[PDB]
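Shown here: tetrabenazine bound to Synaptic vesicular amine transporter.
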Amino acid sequence: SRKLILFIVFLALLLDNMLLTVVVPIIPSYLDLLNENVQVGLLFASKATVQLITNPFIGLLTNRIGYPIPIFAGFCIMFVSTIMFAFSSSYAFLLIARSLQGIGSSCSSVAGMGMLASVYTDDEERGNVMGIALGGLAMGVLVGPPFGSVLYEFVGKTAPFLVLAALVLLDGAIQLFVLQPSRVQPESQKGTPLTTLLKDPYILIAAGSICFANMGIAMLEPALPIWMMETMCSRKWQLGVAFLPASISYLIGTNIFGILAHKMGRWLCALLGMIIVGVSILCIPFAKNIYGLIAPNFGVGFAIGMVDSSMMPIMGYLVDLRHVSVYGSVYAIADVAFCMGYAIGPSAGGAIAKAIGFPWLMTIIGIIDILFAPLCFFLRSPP
Ligand SMILES: COc1cc2c(cc1OC)[C@@H]1CC(=O)[C@@H](CC(C)C)CN1CC2
């Protein structure tokens, strides 16, 4: 049934973000409050840029041959990424494995969201199922850091990666049992061209909303006071703890608020999420140390869950209303906007760091978010 596809997408994004985020206890092994590292900048941005580039081709590919085959391709390349990643002694091998993992993340996310939207035609529980998928993303990024840390500090370096690989194999067994991509299943009608879809005001407004929210995240994580040379208290706790607040708030907000955002007015959800994101990003620089950095994360993650659960079903619904019922290209647009923030995070952050200080960057990012928030009013009554 439909819930089975929902579970497939849930666990696919769960394992995807688990593999994405389990790296954090391992990044220290390779070599005022907020500072950037050029070594982690390429590590943080190579996956994002590769996945950025790889998105629209996969959208067209799902439009061409079907949904399950790209998901199984995501299985194959994520498994080979884990295999080449556990043994990745060198930094170049690490970057190449991250790029392969990015291709896998692109196909998994785009195809899963597209088929989840296609099977769930009506918008009443469409928001619910996209909220559940994003909750799977949040749960994966929540369980990543501490699982990786305990497996690294109790067994060894390769043990978390091998255990995650076994979990991926169980996932792929489930995929083969469920989707069965035995034959190519072409779509009934040709989809709306990607270039024509970018000539749309509302789609671009939603894409900019998601891009600015994820940029609000992405300008902070590579610059967190983590993964230095050494620590007085040996650190090793912040590595597994620092992503608890944002992930917990994302999970809670998305899961509890998708249905109520459908009820109350989803443009209102977008606007409130943008306002709270701006407030949180603007109040990050007013923190003396990492002691006070925990509080604004609970707000920024909550509001970015708001934005994601309030714009991904709109990405589906705008094309459902004003275009043909083909979702691959529009969800490729949604995800390319979703990841452009992470892709341009390190370079833009470093340039603006060389120019001015970080607190001014946080204030200007919050100002842009606040000024862009009223533009979500245009989505109340789309023709
Ligand atoms: C290794 O660098 C990464 C670090 C982190 C993430 C992804 C990364 O890979 C680029 C995820 C992914 C997201 O989407 C964000 C979740 C927010 C919105 C709660 C941020 N988290 C947490 C930290």
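Note that chain A is numbered according to the PDB entry, with residues 18-48, 123-474 shown in order. In listed order, ligands and their atoms are each counted from 1. Technique stated in the header: electron microscopy, 3.4 Å. Reckoned from all heavy atoms, side chains included, excluding hydrogens, waters and symmetry mates.
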- Message: Hi! What's sitting within 4.0 Å of tetrabenazine if we only look at heavy atoms?
- Response: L37, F135, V232, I308, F334, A337, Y341, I395, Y433
- Source organism for chain A, as stated in the entry? Homo sapiens
- Item | Shared residues: UniProt serotonin-binding in chain A, heavy atom under 4.0 Å from tetrabenazine | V232, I308, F334, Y341, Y433
- tetrabenazine vs chain A: UniProt transmembrane segments with heavy atom under 4.0 Å: 1, 2, 5, 7, 8, 10, 11
